[PDB]
Undergrad: 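Here's what I've got: iclaprim, bound to Dihydrofolate reductase.
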Amino acid sequence: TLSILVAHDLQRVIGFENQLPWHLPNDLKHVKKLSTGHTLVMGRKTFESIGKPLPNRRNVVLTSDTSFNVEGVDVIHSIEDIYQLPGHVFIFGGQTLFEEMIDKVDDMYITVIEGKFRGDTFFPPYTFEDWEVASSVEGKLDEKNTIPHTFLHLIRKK
Ligand SMILES: NC(=O)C1=CN([C@@H]2O[C@H](COP(=O)(O)OP(=O)(O)OC[C@H]3O[C@@H](n4cnc5c(N)ncnc54)[C@H](OP(=O)(O)O)[C@@H]3O)[C@@H](O)[C@H]2O)C=CC1
Ligand SMILES: COc1cc(Cc2cnc(N)nc2N)c2c(c1OC)O[C@H](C1CC1)C=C2
């Protein structure tokens, strides 16, 4: 089973200068709950962004660098390797990977950040004609989590 996992804002910004443009603890917890015990797949730049692999799940990095050999990371070198990985695989980032996968994945777990940020990376446009809302749940706001946001689970129609 193959899912996208992503947070994008009202204009589908996902990234600025190789970071997330927002501080949102609730979203990162969301990620941890979903992906813990399973597999992440991510592109090189995204890994450099997180910098080490996430504990307690199988971290996998897509890169062309056949020199790449990082402790605690599986490495793959084509897209087509993804379909070999067993279990629940999450496509984790970033823009290049989403672009390449969005047409391929079963479903997407999207956090809509209900704001407009400055970005330099974007999620590809998509249509609800194509995507059934299996659930939609407002994140809770609070002293520490102050941007409105919604957890969407979308499943490919038809
Ligand atoms: N808000 C969110 O949900 C998330 C946002 N982001 C944001 O996304 C942005 C990063 O996206 P982007 O810059 O596109 O980088 P990516 O994280 O998608 O990594 C791009 C790299 O992945 C490798 N790669 C991708 N496709 C292939 C392929 N088909 N075959 C071999 N290697 C491949 C290449 O690495 P190499 O050069 O080593 O060959 C490529 O340069 C950042 O701004 C980050 O903050 C990232 C994750 C989540
Ligand atoms: C691009 O930056 C990140 C992307 C991501 C990826 C990511 C973040 N948020 C959402 N909703 N989907 C994603 N695929 C993460 C992330 C990032 O910054 C360190 O951090 C956290 C924990 C501390 C490591 C988790 C994920």
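Residue numbering for chain A follows the PDB entry, covering 1-158 in order. Header lists the method as X-ray crystallography, 2.2 Å. For ligands, and for the atoms within them, numbers begin at 1 and follow the listed sequence.
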Undergrad: What are the identifiers of all copies of iclaprim in this structure?
TA: ligand 2
Undergrad: Just wondering, which residues come within 4.0 Å of iclaprim on a heavy-atom basis?
TA: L5, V6, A7, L20, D27, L28, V31, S49, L54, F92, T111
Undergrad: Quick check on contacts: which atoms of iclaprim are under 4.0 angstrom from a heavy atom of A7?
TA: 10 (C), 11 (N), 12 (N)
Undergrad: If we only count N/O pairs under 3.5 Å, is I50 in contact with iclaprim?
TA: no
Undergrad: Could you check which UniProt-annotated substrate binders in chain A have any non-hydrogen atom under 4.0 Å from iclaprim?
TA: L5, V6, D27, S49, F92
Undergrad: In terms of atom number and element, which parts of iclaprim are under 4.0 angstrom from non-hydrogen atoms of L54?
TA: 24 (C)
Undergrad: Look at atom 5 (C) of iclaprim and say which protein heavy atom is nearest, naming residue and atom and giving the distance to 0.1 Å.
TA: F92 CZ, 3.9 Å
Undergrad: Could you tell me whether atom 23 (C) of iclaprim has at least one protein heavy atom nearer than 4.0 Å?
TA: no
Undergrad: Would you say iclaprim has an N or O under 3.5 Å from any N or O of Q19?
TA: no
Undergrad: By UniProt annotation, which domain of chain A makes up most of the contact surface with iclaprim?
TA: dhfr
Undergrad: Hey, quick one: which of the residues UniProt lists as binding NADP(+) in chain A get a heavy atom under 4.0 Å from iclaprim?
TA: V6, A7, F92
Undergrad: Which residue owns the protein heavy atom closest to atom 1 (C) of iclaprim, what's the atom, and how far is it?
TA: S49 OG, 3.7 Å
Undergrad: Numbering the atoms of iclaprim from 1, which are under 4.0 Å from a heavy atom of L28?
TA: 20 (O), 21 (C), 25 (C)
Undergrad: Short list, please: which atoms of iclaprim are under 4.0 Å from a heavy atom of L5?
TA: 12 (N), 13 (C), 14 (N)
Undergrad: Specify the protein heavy atom at minimum distance from atom 17 (C) of iclaprim: its residue, its atom name, and the distance to 0.1 Å.
TA: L20 CD1, 3.7 Å
Undergrad: I can't find it - what organism does the entry give for chain A?
TA: Staphylococcus aureus
Undergrad: Please list the nearest protein heavy atom to atom 9 (N) of iclaprim with its residue and the distance rounded to 0.1 Å.
TA: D27 OD2, 2.9 Å
Undergrad: I need the atoms of iclaprim closer than 4.0 Å to a non-hydrogen atom of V6, numbered in the order shown.
TA: 10 (C), 11 (N), 12 (N)
